[PDB]
Amino acid sequence: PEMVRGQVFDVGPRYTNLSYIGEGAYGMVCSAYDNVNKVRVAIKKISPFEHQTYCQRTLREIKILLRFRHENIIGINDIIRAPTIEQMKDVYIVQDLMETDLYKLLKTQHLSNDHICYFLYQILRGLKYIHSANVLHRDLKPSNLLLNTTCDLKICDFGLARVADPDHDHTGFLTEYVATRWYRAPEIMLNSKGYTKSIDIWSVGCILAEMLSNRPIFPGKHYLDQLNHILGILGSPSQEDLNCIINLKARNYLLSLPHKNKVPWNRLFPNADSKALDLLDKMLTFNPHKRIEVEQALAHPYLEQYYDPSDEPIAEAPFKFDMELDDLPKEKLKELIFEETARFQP
Ligand SMILES: O=C(CN1Cc2ccc(-c3nc(NC4CCOCC4)ncc3Cl)cc2C1=O)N1CCCc2ccccc2C1
């Protein structure tokens, strides 16, 4: 077998001429020549089976992405694994190879207003489909938005995605949370488990702000500092929005803060298009009940050049897990991953 940076990549016969791309907690990723479709592809080697949380992330990703089919969502093209559960130590997920991501692009490139508009349209078009399947992505951020050389955009990384569950969204103040700090809606720190679609709209608002200036809008250094960055720009919540926070720890924390006025978007973003700032304001609304929904955002005058609901498809039915995954042992999640990947075996 081929090796890459001290790692076997058992992907042949179909995939050859591997080049290292990167690695992280997930595993390792390469490009490889697909000898059936005659194109280079991404293959990520995942080795999740000794960690229940990595197994969860793997299974969520596979089940969701195999059900979804959308131009602005990364697909799974193939899955390689051993023929038996006993021999299965790794899973290789094959996906379309994308040249870069929005994180890399923002570190290195000024975006024209036309590019910002087109990226935002594609993010929302993909998100319309995700939300129409009653799924929440829950970790939208620049490094999960993949881009090719013609600026086509695909949402990736569904390892934290969940079925929406608004009736069980309430929690206490300062409840620990997994998704990337800088893109967390204020309510995560106050009273929310991140089980409603409004969580993803906030992250997209944050991404829009970051496209406007190439810098994260709310770069909190730790859990509560994230809330105080948000409040630093939005200002003190209104009495009405406060009255929606019934938990006394969260409410009394907010009441304890000195009054802060809203920082106007046009001072943070003096070169931004005024319609972009109107949409930004509506996505970065403190109260999640008043926050714009994905379909409303698509209909916003900023996106009028692109908006076409007949060409913004929805999922054919709501997505549903067979059983709850959060409590399952890692050995059971391995079995489920085995069954879920069976269709790619010859
Ligand atoms: O696969 C993941 C998370 N990742 C990791 C990754 C790497 C690469 C790509 C990717 N990149 C590119 N092109 C890059 C080239 C260079 O410029 C940047 C873009 N093209 C296609 C893909 Cl598909 C996508 C992903 C992705 O989705 N998980 C499932 C297993 C469970 C788990 C366990 C532990 C932690 C996270 C996860 C989530």
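Chain A is numbered as in the PDB entry; shown residues: 11-356, in order. Any value given below was found using the heavy atoms of this structure, including those in side chains, with hydrogens, waters and symmetry copies removed. Just so you know, ligand 1 is whichever comes first in the structure, and atom 1 is the first atom listed for that ligand.
The name recorded for the drug at ligand 1 is ASTX029. Ranked by contacts, the chain bound most extensively to ASTX029 is, in the PDB entry, Mitogen-activated protein kinase 1. For atom 30 (C) of ASTX029, the closest non-hydrogen atom on the protein side is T68 OG1, 3.5 Å. Of the residues that UniProt lists as binding ATP in chain A, those with a heavy atom under 4.0 Å from ASTX029 are the following: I31, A35, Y36, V39, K54. With hydrogens left out, the protein atom closest to atom 32 (C) of ASTX029 is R67 CB, 3.6 Å, a heavy atom. For atom 35 (C) of ASTX029, the nearest protein heavy atom lies closer than 4.0 Å.
Under a 4.0 Å heavy-atom criterion, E109 is in contact with ASTX029.
Checked against a 3.5 angstrom limit, the closest N/O atoms of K54 and ASTX029 fall inside it. In this structure, atom 18 (C) of ASTX029 lies nearest to the protein heavy atom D111 OD2, 3.4 Å. Residue contact check: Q105 has heavy atoms under 4.0 Å from atoms 23 (Cl) of ASTX029. The residue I103 has no part lying near ASTX029, judged by heavy-atom distances below 4.0 Å. Rounded to 1 Å, the minimal heavy-atom separation between ASTX029 and the UniProt active site of chain A occurs at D149, 8 Å.
Of the protein's non-hydrogen atoms, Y36 CA, 3.7 Å is the one closest to atom 33 (C) of ASTX029. ASTX029 has no N or O atom lying under 3.5 Å from any N or O atom of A52, backbone or side chain. Considering each of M38, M108, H61, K55, the one bringing a non-hydrogen atom nearest atom 14 (C) of ASTX029 is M108. Less than 4.0 angstrom separates some heavy atom of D167 from each of these atoms of ASTX029: 3 (C), 27 (O), 38 (C). Near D106, meaning under 4.0 Å from any of its heavy atoms, are these atoms of ASTX029: 20 (N), 21 (C). By UniProt annotation, the domain of chain A supplying most contacts to ASTX029 is Protein kinase. The closest non-hydrogen atom to atom 19 (C) of ASTX029, taken over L115, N158, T110, comes from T110.
Measured on heavy atoms with a 4.0 Å cut-off, the binding site of ASTX029 is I31, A35, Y36, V39, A52, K54, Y64, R67, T68, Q105, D106, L107, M108, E109, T110, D111, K114, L156, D167.
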